[PDB]
Each structure stands twice: as structure tokens, then as C-alpha cells.
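Please read the structure below before turning to the comments.
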Protein chains: 2
Amino acid sequence: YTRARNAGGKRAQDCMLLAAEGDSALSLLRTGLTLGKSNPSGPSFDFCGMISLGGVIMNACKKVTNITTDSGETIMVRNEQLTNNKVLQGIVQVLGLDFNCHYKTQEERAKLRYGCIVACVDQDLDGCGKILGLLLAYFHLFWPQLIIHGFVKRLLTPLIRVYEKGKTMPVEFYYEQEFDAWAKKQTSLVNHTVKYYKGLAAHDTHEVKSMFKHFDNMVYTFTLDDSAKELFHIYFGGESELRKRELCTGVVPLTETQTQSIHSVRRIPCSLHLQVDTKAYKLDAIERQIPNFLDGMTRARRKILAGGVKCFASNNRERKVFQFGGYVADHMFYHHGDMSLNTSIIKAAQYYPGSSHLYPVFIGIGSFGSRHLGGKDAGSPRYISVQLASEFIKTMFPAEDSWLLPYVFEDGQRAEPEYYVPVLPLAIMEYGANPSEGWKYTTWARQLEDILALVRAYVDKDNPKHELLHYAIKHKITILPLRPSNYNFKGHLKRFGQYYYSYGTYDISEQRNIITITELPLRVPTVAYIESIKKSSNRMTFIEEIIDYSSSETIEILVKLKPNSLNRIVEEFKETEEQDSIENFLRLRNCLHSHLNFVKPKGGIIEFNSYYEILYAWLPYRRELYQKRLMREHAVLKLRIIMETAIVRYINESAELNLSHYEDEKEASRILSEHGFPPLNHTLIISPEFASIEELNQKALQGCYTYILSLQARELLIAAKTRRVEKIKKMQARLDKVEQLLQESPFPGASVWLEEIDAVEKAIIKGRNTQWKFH
Amino acid sequence: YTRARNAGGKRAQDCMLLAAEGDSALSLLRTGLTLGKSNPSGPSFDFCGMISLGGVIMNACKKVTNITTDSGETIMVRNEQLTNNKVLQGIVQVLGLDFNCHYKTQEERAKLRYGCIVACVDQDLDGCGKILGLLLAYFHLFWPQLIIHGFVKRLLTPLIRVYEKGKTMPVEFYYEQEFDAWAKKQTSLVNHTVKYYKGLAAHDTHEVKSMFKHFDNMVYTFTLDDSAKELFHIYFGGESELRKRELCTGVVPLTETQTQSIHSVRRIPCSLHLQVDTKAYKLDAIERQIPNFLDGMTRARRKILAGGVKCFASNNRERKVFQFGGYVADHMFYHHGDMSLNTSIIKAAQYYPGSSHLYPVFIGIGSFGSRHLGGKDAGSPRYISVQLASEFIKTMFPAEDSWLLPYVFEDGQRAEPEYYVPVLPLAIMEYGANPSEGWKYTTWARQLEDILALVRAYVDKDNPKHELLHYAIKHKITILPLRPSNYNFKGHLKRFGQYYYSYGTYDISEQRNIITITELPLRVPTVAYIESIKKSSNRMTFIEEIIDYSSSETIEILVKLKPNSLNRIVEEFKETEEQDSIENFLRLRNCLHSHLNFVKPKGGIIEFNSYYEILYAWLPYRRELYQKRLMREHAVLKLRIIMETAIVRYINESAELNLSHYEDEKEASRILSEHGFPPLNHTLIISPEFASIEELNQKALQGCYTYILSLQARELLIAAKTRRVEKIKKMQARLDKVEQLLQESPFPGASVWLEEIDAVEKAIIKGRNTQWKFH
DNA sequence: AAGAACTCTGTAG
DNA sequence: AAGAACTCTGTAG
DNA sequence: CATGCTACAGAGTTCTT
DNA sequence: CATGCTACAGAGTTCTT
Ligand SMILES: COc1cc([C@@H]2c3cc4c(cc3[C@@H](O[C@@H]3O[C@@H]5CO[C@@H](C)O[C@H]5[C@H](O)[C@H]3O)[C@H]3COC(=O)[C@H]23)OCO4)cc(OC)c1O
Ligand SMILES: COc1cc([C@@H]2c3cc4c(cc3[C@@H](O[C@@H]3O[C@@H]5CO[C@@H](C)O[C@H]5[C@H](O)[C@H]3O)[C@H]3COC(=O)[C@H]23)OCO4)cc(OC)c1O
Ligand SMILES: [Mg+2]
Ligand SMILES: [Mg+2]
């Protein structure tokens, strides 16, 4: 808070207020205020003020209760959690406003410390839409008359700026779709420099002084419509399902006349802002938080995996977590933050009984934390180190499969793939619990024997249940059972009704009166468990104390209780057909729930009921990916073999060709062309680098004779040429094998999936025997 | 601080306390002390406790005053700064000690909350000797009887561990002298894995389990000698002059019998620890904070420059400060920290009037800070952008000169050069102020006309002062003047006695009574100037108020004073022959003090009196570097020309040689040898990569015929052969030019230094005209 | 009038 | 017997 | 160099009435 | 994602004492 000169004074109704979502915005606004000279309209430290929103603020909609409105008036009670928040009460004190007053007159408006609050956020997809969203939603929920009478204003900054050489006027485009339309209407992207500002601090000194010179412009007054209140309740309200039905549709872009009305006169309706920016943020947060059913993992997590694949390919040597996070932020264009990325890396590399990653993609060296703190006892990322689990990843996410995935394009540059679809569905093996903007994601691990039988029966034709499982595919029968995994769990799973329950085990010695529990349900970390068992009041009347002798990889907890209470828990706590008296006592029963909300590869939410739907949706994607990989391999291999044959023919012909007595490249190429040599680009044949079949053929119909030229002389020896003849023989044999894999009865790549299944389960067993540390 | 159970009770004399230098040691201690079950040693949080020293603490020697000792007893008064320090008073509260009591008897020691305190620091140069040194110096200064009886102990973790395959006992070597003594006494470094632990948190789980299995070992009790107190006064407290005379000698390594006495029975004398670890830290910090007189920049800054040279060589595109800092911490092995590196990068890339870097090595994009806050108002390293100043660096630190520098070896791997000696001495152009462990470094910029004349007269023989300046070299005459720079300074410099003074300029309007100052003394930050003038109580009655309208890269401050006080400052504040009444009143002067303490390339401190000594010491280094560059160029160029002539004549001969009808490499190489061909390694000739003359000749006496083999076939064309013939002609012309540069009269490479001087001054003029922002 | 406190600057923790 | 109350994860400001 | 309030959703104890 | 006490020397400007 930098108080203005005439703040809370006589001229205070003419002042403004700057609301900054970040300290980068704080730095930009400080620079703009310290400009000073040549700005008769650009305000100085006076009449400006300053307030930092502290990142994400909370909405009052889910906090207020609206109780005791039966007295003929609707009174709203602020939450006790809402009252003591620092940012909200800070902006209340700064603006000098009161909740009870309804600012329907000019005098109560003049009571305010500032004349207009002008928020200033980044133009990234969150922020404006989120921070503005919750901010003006809170303002609408408490003081709609401020928004109606023009008290809230947006400081809209350019997102993408394109400069033409010799001209100093920006195009200052504000949306990605507008920039795409301008690029398509333009003939070419020549004599133009394109700059992306994914944050306010990206602006330079000349940039900030140019945009602050016209500070009277680019400030937009918010207006409230009659239909805005319904949108405010829908996007920010207690009823989550009410937004579910409007998070499955998609963002409606603004019409050209609406944008013209916005830019001609700066009156932004709240309904349009909620429908565009807030909805776009909500869709983005759904996509960035809910895992993909093909991946089983978050977009950030798949970005981390792609960065690890690119980083540890050359060398699997040790790397620190902060360095690896910087690497994947630099190379995969992660423009969000650093310590969230480091936290995601740490959680991905964690491995212990009850950890969310049953099959982690990273080998971890350092203190990642055991099951006692649930991964919260992990150390700092600067000294914790991670390396790539080479065998598990190389069997589980094959590079040949990684070529043919769809890829996410960021600013015209390649980034992490759209999805890694693996040989076994990680949406089934992994297990975690996330919230999102409208949905919840919960999964529990299935055993790697039911899923293995299911996939093998679907793929192998020798399994007698292959036809039966295919009939289950067409008719949703689900004959084979799916059971929760028993790995790292000495308890027993039970099924009742439509729910699975996990049970810990206990030993009772009545002559010693110690309740010794050795296995506990597979998610609660045994320390929050003993804190929760220390907060139950009735159990305080029944026990004496709790001692924990549990080390890494094992659990044993001894409970001392009153000698006369040992039977009392029988009468007070109960022993139903599903749980025992002691299981009710120590809360060793745990019902496991599944909320199977996933994001489609297109981008939308798909809901599921059981894991059979997950498996039967994941199976076709691997089907056509194997199918496309096989004929891509066939085409690129026939191109490789014809190019190798051309090399051999030129090698055997150049002795009598005598091309050495030629001047330049054109004459040599003409001679090779009139000798009938095939011109094909060998740099697209030796290394194809994810080229589709039609574009590979259209690239290879033309080509260059550079494979004649770029071949080194050292291959002139006859033994080398015999080795290349043997290589040609092996390439033709591989072509025959690929062709006969294309024509097999069930589907192409039938036995192929068998050896990746065998390799994956062998590597899993190897890592499972040595605490995933391998070596 | 976590309280140990039964600590400060009946068993308090049997306790211990773990003193951790930071959270990195804290994580290892939280792991090792508990370690689950199987804990004979390393008690599971029993009688141990935990305290963090918070990095670096202060020492009590420079805080206490020892006043009023005339009453027959020496009483010591603790400083007000020492009393309210968090860490010291925290450890006082944890140990339950009192300053007044001298713990001679056993009951006073039993009063203590813990039986002993065991320090736990990294084994890095820093921390052991520094943090240990200050901690036990504070203990010695207040309670020597605790150290005498054995209250103070420390745990001595192994710095380097060598593992033999099939054997699970590490060698646990503690010093690098011991480590490379073992390496030289060993036959070979085979069947051995070497692990460096540059910090405690780098130990793994099995490593900390192995160390805590024998926790009763590796704990050493400190003992106080009669000669310890003198060394305590030498290294800490007192005066710099008392330690200067012992920071020029060097560390004395411990004898073998002393180390045997330490390891046989764990009684470490304080004198040996002070003489080895503390002195080694002092020398390291002297080398780390005092700039080299050749470079003008410290070890960290030259590390940053070398990392920038490696990073921006392939592409000079923009990189963030954090990404570049991570790059230089990775590739240049900066094992100290992260944010200090980023701060050093920011200070290196700063450029404004009065900034410490008159010729920065990095061009900047962002808010690095103007002259008003003195660079303290720079933004976060998250978004601030840096790039390499391509022209200035490429003319100023030549890559051909960068090849031949000596290099710092870190763990057998190359790192930043030992010194980046430039074509013009940055120890003269730059200006800054650094304290260190015994010395102070202050410099003031000289103008780029006196130094240009000096260097040109030393180098160019056409300058009539060349012989006179050489006579000044042999006789220390220093005929040519050296003056402080006037760049970015509208004031005037004056010389009185042996000191230069910088003056601000002022305009007086007596009818308007406003003191308008437009330029203040060299390097005074605008803000502080006003805060310090606002603290002077005697000048409060003489002024009314102060206002500042100064924008970036300009100064104008208006002072309003009392109308009757305008003459009063004439009488009370005198106007001497050297200063005006107004200059004395507004403190518009500044005396330019210079403390020319530099570090030698060997490592020692060298002191200077004037900048002529700096110039005359820097000149010979460039002399032999140009000379050795000329021999290296001549040798590698004659090898290149014989290699090129060989390839040309072999292309001409292979038509009738007919080597294609040969089987393998050995037969082909034998045929080439029997035809009289010279085997020389073309990968050592095309790219020499800093090979000295003798080792280059000894590598090139042998070699390989791979240049026959690794040549691509595409060069078979006759126009290519004519191009390589022209290239051979140009190489021979360059050989002739190099040979005639070697034989010129003053020294080899005479006119060479003329064109780098011309290029450097042209690039400097370009930077000056563009505010060091070339684009 | 002499002497104890109090900041500064880079490189560390 | 209903409701307010507080955690609990993985990505983000 | 560890850390600190928040969103979002859904259930499960727990306190509290 | 800003920030907080420290070392080290030496030369100052206020502070009393
Ligand atoms: C003061 O205004 C600002 C606030 C922030 C927040 C922030 C806010 C906090 C706070 C802590 C944080 C902290 O977040 C931490 O990140 C962790 C990483 O993600 C997941 C894994 O877990 C997160 C923690 O839950 C969270 O605590 C900052 C890290 O980067 C951010 O984006 C965070 O504790 C108090 O309020 C950023 C700013 O710069 C734009 C601001 O100007
Ligand atoms: C909580 O974690 C720890 C932090 C620290 C210190 C530290 C200590 C501080 C403090 C701040 C800092 C902070 O930097 C300070 O500011 C300076 C700013 O100019 C740069 C050039 O040099 C920085 C120094 O490094 C340090 O003087 C940390 C940065 O890296 C460190 O190592 C610093 O303010 C209060 O006490 C030590 C630890 O034990 C080993 C820790 O466990
Ligand atoms: Mg942002
Ligand atoms: Mg260290």
C-alpha cells in the first residue's frame, strides 16, 4: 500500500486505485508512476494508490450463509473465515467501505476513499477471468451499485504486439483468436516482429512509457446487466452441478459488433466477461487439473515426463530437481511457475506404500518421504535429486510410439505430446484424488493380474476368453473381474453392495491389554491417523495412550486402553457383518470411492461408471496407434531399402563413372539424373522425425542426390560394402516381418503387444523387487 | 527448536545437542536420529534436541567492549546488537546458560540444560572453519571452561567417499589433500567410485543409516590450548592489521602424527582447527571477494562471464536471469547457492550513471534500476532479461585469447578460466567497493583517454613518448597523467594534496530562494542523498523542505530554505579554498579514496599505491599472452597447411591409387603408409581446443590417416579442388603474415594490439551513443 | 575533543 | 436429525 | 534458502446443536 | 514469490559522553 496524496481527503473522489494481482504488476506500476515527466495526463504517485491482491483471492459466495432472512429482509452473514482474511479486509480498509451500507446515492459513494478501483492483471488465460472473476463477483455479491454506477474498471493491457519495421505503433491485439484472424487475413508474416507478453513484467521501459503515455485510454468501465446475477451464481456458487451443465459446452467467442462496442466506448458488461474470460479459465483449469484417461496423468505431469525423456535420453546421470524443473520450464514452455513444477516433479518421483504413484516414472535419490507424513516430509528441491527410470519408461512409453502421438503446439513450436497412450492404462494402475472446476477425480489401483488377463484376452487369440471378451466389448458384459490391488497392503479387501472396503489387521493380547495394529488402510498416512484418533472425544474415554513404533515400509502401532474398557467398546462401538468391533474402534475400515471424471483428447469432460469403461475406451487408441505405427514403419523401411540399394549401385558404378572430372553441383546432379538415380531426401529417410504417411510420400516423391554427395569416402572398402549388403538383407527381412504382422487375423500388431506386455511386466517385477530403485 | 524428552531434567548431564548450520543438515538429522528401529546409537529423539544456526552468526569479539575493568576485575559488556540477535539468544535459552557464571566446577556444568553440544556442519570450506570458527570463538570468548572440560564437540562427516565394488566399507576421506595423496599412492583409479558430498543433505538414506549405525564414532571433543587465545584474537576481533600479516603466508597442513592423534582419540585442539580450517576459509574468501588485478572482477563474476560466453555463443537470444543462473551453476560448477549468483548477474548487467559497471559485459532488458536507488530497485530475477553484449565482449575478451588462458579445474573437469585478462585493464575502468576477510577494495574509474594514450605509447612505436614511457617502466617515473573519468558526470574533479574530490554543480536564484542542484558528487544515489541530508539535525533549522524532479539518467533537486538563513550558512558553514559554502552545506563533495588490494593469479594479496602500478603489472601479461598466441597460431597453421596439401594431393592421387579394392582399415592404412603419407590427427588440427605447443607437437608427431577416410566424397569436384587450392594460398599468406608479426621490433603482436584497441574504442563509442543498449 | 554506534557497498550463508 | 464446521489431496496466482 | 493464506468437490468424522 | 538478521574494513557524520 502506497497511499496517494489526496487519499481520504477532499479530492479523494477524483482519485483512482490500482489493484495488482502480482508483484510483476507492482513493478510495472511503480515504473509507470516513477516516469513522472512528459505525462500531464499520466498520473504520478498522487491520486493513484496501490494494493497487491496476493495472488488468488477467495470468493464470498461460498462463504456467506444468508441466514435469518425470515424477518422480511434478506440479511447476509459474512463467514468467520471470510472476516479474518488478510487481502479482503485489507482492500476493505483501503477503500474505506462498509458492508451494511448500500451505495445507492452519491454521498455514500463519496464516503469511499477512492473514486474508482482500476484492477490491473496479466493477460494470460488465468488472472483476467479468475482474479477479475472472483474480484468483481465479490463486488457484485456485496455492492452491485458500485458496478452499476461505474466504480470498477479494468486496465486492459495488450497480449500480443506486432511491430512493423519503420513504424512505432503497436497493433496491441488482446486475444489469441484475434491474432490468428489477423495472421490469416495478412498475406505473409514478413516485415513484422511478434512479441508475446505472458505477464505484465515482460513489457520494456520504452514499452511501459509508451503504454502509460496514453493511460487515459485502455481503461474500461464495468457495467452490470440484469442477466449478470445468474451467471455470477452459476460460475461462483455453492451448487457445483449447476456449472457442470455449462462446463461441457465450450466458450462462445464475442461477436465483432460486441468487440467494436467495447473498444469504441469502454463499457464492458460483466456478462460478456464472465462468458468469455472466466469460462475460458474454467475450461483451462479442467484441462490442467483433471487427468486424461489415455494418459492417466496431468498435462503438467505429461509435460514433466516429456521433459525427462528429452533430458535423460543422452545421459541418465543424476540431476537435481530444481535444475530439472528449470530445464522443463525452458524447453517445454511451461509459463506458469517454478515451485509448482518442482512439487509436481517431487510427487511424480515419490515411491512408498500408499503413495499415489504405484509405478513412478522417475527413480528418486534423496529424502522423498515415507508413508508416515504422506510425502509431506520431502526435503527441498535443490538437494533432492531425480533420474529417469530407464527400463520402465523405455518399455512403458516407447519412443517409436512417442513419435506418432499428436503434439501440443505452443507459439508455433513443438511441446509435450497431446497424450501418451501406453501399453497398459495408467488411469487404472495409478490412484489419486484431485478437485477441479466442476468435477472431482478419484481412482483406486487395480491389481496387475486382472488387468493383465483382460488385456491379454483382448489381444491374444490363444486365450479361450478372447471371443467372450470381444462379445463383452460389443455388449458391455464385463465377464472378467477387476479387483483393487493388494500390493504394499497386508490387509484384506471386501466388497459390499457396490462399494469396496479396505481393512487393517490387528492382534489382541487380553492378558497384556495392548492393541497392536500392523496393517492400516492404504491412503491415510498413519500420522494424521493417530492425530484423528486423538481428536475423537469418546475414544478418549476408552483408551489410555498410543505409541508408534512404525519404521519405513512397515507399520506397527500399540494402543494402551483401560482394562475395564476392553469389553465396553463391544457394547458402545459395534461389530456389523462388514466390520468388527475393533475395526470400528480403531477405524481400520475404509470405503473407497471412485469419481471417474476424465478429460477427452479433444478437451471435454467424459464421465465413467466403472473401470471397464476406462479399459474399453483405452483399448481402441492403442489399436489404431499400433496399426499406424506398423504401416509408417513399412513405408519408411521400403524407402530406406531403396535408398540403400541406390547407395550400393552408385558405389559399384562410380569406379567407371568418373564423376571427379566435373565442375559443380548442378552438372553432377544432371549426370546422376540422366544415369537414372533416384532423387530422395536422405535426411528425411534416415531420421523421419514424426512425418505422417501422406506428407512422407509427398516429401519423398521429390528429393536430392545428397546421399551420393554426403556419403563419406571411408565406406569404399569391400568389407564395408559386404556389411551394407548384410544390412540390406536384414532390412528386407524386417520388411517381410512387418508385412506379415500387418496381415494377421485379429488386428495388426497382435503379437507385438504381447512382447511389450511381457517386457513391461518383467521390468515392473524387477523394480518391484528392489523398491523401484533398481540400479 | 524441538525439545528433547527428559532434557533439562535429572538426566540432563547425559544429553547432547545437535547444532545444525541450516535446514540441509536439519533434514539429514531428522532422518538419521529417528531412522526407525535398530538404534543402538543415534538416539530416537532422546536427549538430543535440535537447533539451527540460521546460516552465518555474528562473533562476539567485535561486539563486546570490555569497559570499566579498572575496578581490579575485567568485566565484559555485551553489545546491544549482540543482545537482541535471534540465533545467539536462542542458543543461550536452549542451553540454559548465563554469562555471569564461569563454569569452573561440575555443579555449574550440571546446571546446563544439555550434557554437551555437538556441532553438525557441512565439510565445505565454508562452515567448518567459519561457522565452527565463529561458534567456538564465541564459546571461548565467554566460557573457556566449557571448551576446556569438553562441553563442545562436533561431528566430522566424510567429505569424499570411495567405494570398491563388492566391498561395503568406504574409505571416508575428509580432506582433499588426503584424497589426492591417496590417489597418487594408489596404482590406478580402477574398481573405485568416487562420491563428493558438498553439503550434508547430499548423503543418501543408506549412507545416513551407515553413519548413524556408528554414531558413537566420528564425534570429536574440542580442547583448549594455552596458545589458542592468541589465535582467537588473531583470526576474529581486534584489527585487520594484526591478521593481514598472517593472511599473506598460507595454510600450514597438519602433520601425519597430528592427524593420527586426532583420529586415534577424538580430542581436536582449537589451535589446529583455527590454523587449518579457519585459515583456509579466510584465504578462500579473500580469493572469492577481492577482484583479480588482471580481470578487475571476482571469481564469481568471471565464472558468470565464462558461462555467458558458453551460453550465448550458439545464439545471442534472450534468456531469463534464473535460467542463465541455473545454466552457469550447472556448467561452471558453482556449488555455493542460487540467489547470490542471480544478484551477481543482475549487478553485472546493470548500467546507469554512477553504476559500478562502466562497461558491463551484459546488455539488459528489464528494470535493472536507475541511479536514484543505486540499483536496489531492480525487479525480481523471475522476469528480468539479460543478453550477452556481443560486440563489446567479442572485441574485449577475444575467444582466441580465451583459448590460451589458464583454467580452473573442478573435480577433474574444466571450469571458468583462472583469469580473463583483457586488451584494456578493467581493474582501471571499473569502480566499486568490496570488503573482505582482511582487506578492502576501492577503485575509481579513469578516463578512456589517458589510459588509451598510455597503452598506445607503450605499444605503438610511432608515439614519440614510447621511449619515454619505457624509461618510466624501468624507473617508475609515470610521466603521463591519469585522471578520473568524466563520463556520465556533469560536475568537475579537483586534486588537492594526494586526494581527488568530486563536486556537484548548483544554480542560485536569490530572488526566488530555491537551491537548484543539477549534478551531485560521483556515485551518490539520489534518494540516500536526501535521506542523509534529512538526518542532519543542524541543517533542519537551515532548510524548509526538499523536492526532487529528477528522472532517469538526470538529476535536478530543488531545496527550499528560510529567507533569513541564506546568508547564515555562509558564516556557520565555512567556504575553504577547496569548497564553497553551498558545496559544504549540501555536501556536494566526495573524496575519492582508493584501496588497491588485489589477488594475484597464484592466489595471494598484492597491494598497490597508484594505478600506474596496476597498468605496469597488467601490461606484461598481455605481452606474453600475445607472444604465446602467435607461436600457437604459427604452429597450428603450419600443421593445417601440411594437412590441407596432403588432402589435395591425395584427392589428385586416389584416381590411380584405386584403394576401393581393399578389405579393411589396417590394409588401407598400411597402403597409405607405404605410399609415404603422414599420419596426423586432423581432429586435433582443425579444432586444437587449447593445446600447448609441446603437447601439440607431441600429439602431432603421431596421428591417424582418418583425414583420408573422414573426408566426404562430395569434394571430388574440380571447382572444390580449386577452392581448396585458394584456401591453401590464403593459409600460406597468413603464415607469412604471422611470421613477420613475430619478428617486429618492439615485441611480437605489436600492430595487433592496435586494431583490438581501435575495435574496442569503436564498440565503446557505439555503446555510449546507445546507452549500452545496441538495439 | 576523543571514542563508541550506525549504515554502506559485493560474495557468501 | 439437519447443518455448519474443518481437513484432504494435485495444479495454479 | 523453507514458507505462507487462499480455489476447486466430495465425502467422512466431529462438534454441536 | 519478496524478505529478513548476519561477516568483513574503513571512512566517514552524528551521537553524546
Ligand atoms: C503475495 O502475493 C503473491 C502470492 C503468490 C503465491 C503465494 C501466496 C501466498 C502464500 C504462498 C504463495 C506461494 O505459493 C505456494 O506455491 C506452492 C506451489 O504450488 C502448489 C504445489 O502448492 C503451492 C502452495 O500452496 C503455495 O503456498 C507463491 C509461489 O508462487 C505463487 O504463485 C504463490 O502464502 C500466503 O499467500 C505469488 C505471487 O507472485 C505472483 C504473489 O505476488
Ligand atoms: C531459511 O533457509 C536458509 C537461509 C539461509 C540464508 C539466509 C539467512 C537469513 C536471511 C536470509 C538468508 C538468504 O540470503 C541472505 O541474503 C543475502 C542477499 O544477498 C545475497 C547476495 O546473499 C544472501 C545471503 O545468502 C544471505 O545473507 C538465504 C539465501 O541462501 C542462503 O543460504 C541464505 O535473513 C535472516 O537470516 C541460510 C540457511 O542455512 C544454511 C537456511 O536454511
Ligand atoms: Mg500469470
Ligand atoms: Mg555449504
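Throughout, a chain's letter reflects where its sequence line sits, starting with A, and its residues are numbered from 1. Counting starts at 1 for both ligands and their atoms, following the listed order. For the numbers below, each heavy atom of this structure counts, side chains included, while hydrogens, waters and symmetry mates do not.
- At ligand 1, of etoposide, nelfinavir, vaniprevir, olodanrigan, asunaprevir, the drug present is etoposide.
- For etoposide (ligand 1), the other chains with a heavy atom below 4.0 Å are labelled A, D, E, F.
- The shell of residues around etoposide (ligand 1) (heavy atoms under 4.0 Å) is A:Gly22, A:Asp23, A:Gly54, A:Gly55, A:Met339, A:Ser340, A:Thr343, D:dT11, D:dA12, D:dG13, E:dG4, E:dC5, E:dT6, F:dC1.
- Within the listing of etoposide (ligand 1), atoms 18 (C), 19 (O) sit less than 4.0 angstrom from a heavy atom of A:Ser340.
- Given atom 40 (C) of etoposide (ligand 1), the protein heavy atom at minimum distance is A:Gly22 CA, 4.0 Å.
- The single protein non-hydrogen atom nearest to atom 2 (O) of etoposide (ligand 1) is A:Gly54 CA, 3.0 Å, given as residue, atom name and distance.
- Close approach of etoposide (ligand 1) to A:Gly55 (heavy-atom distance below 4.0 Å) involves ligand atoms 2 (O), 3 (C).
- Here the protein heavy atom with the shortest distance to atom 42 (O) of etoposide (ligand 1) is A:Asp23 OD1, 3.4 Å.
- A:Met339 CG, 3.5 Å is the protein heavy atom nearest to atom 18 (C) of etoposide (ligand 1).
- In this structure, atom 27 (O) of etoposide (ligand 1) has its sub-4.0 angstrom surroundings free of protein heavy atoms.
- For atom 4 (C) of etoposide (ligand 1), the nearest protein heavy atom lies closer than 4.0 Å.
- Taking a cut-off of under 4.0 Å to the non-hydrogen atoms of A:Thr343, the atoms of etoposide (ligand 1) that pass are 21 (C).
- Using a 4.0 Å threshold on non-hydrogen atoms, atom 21 (C) of etoposide (ligand 1) counts as touching the protein.
- Closer than 4.0 Å to atom 33 (C) of etoposide (ligand 1) lies none of the heavy atoms of the protein.
- Protein heavy atoms are absent from the space less than 4.0 angstrom from atom 7 (C) of etoposide (ligand 1).
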N/O contact list for etoposide (ligand 1), threshold under 3.5 Å:
from                 : atom 1 : to      : atom 2 : distance (Å)
etoposide (ligand 1) : 42 (O) : A:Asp23 : OD1    : 3.4

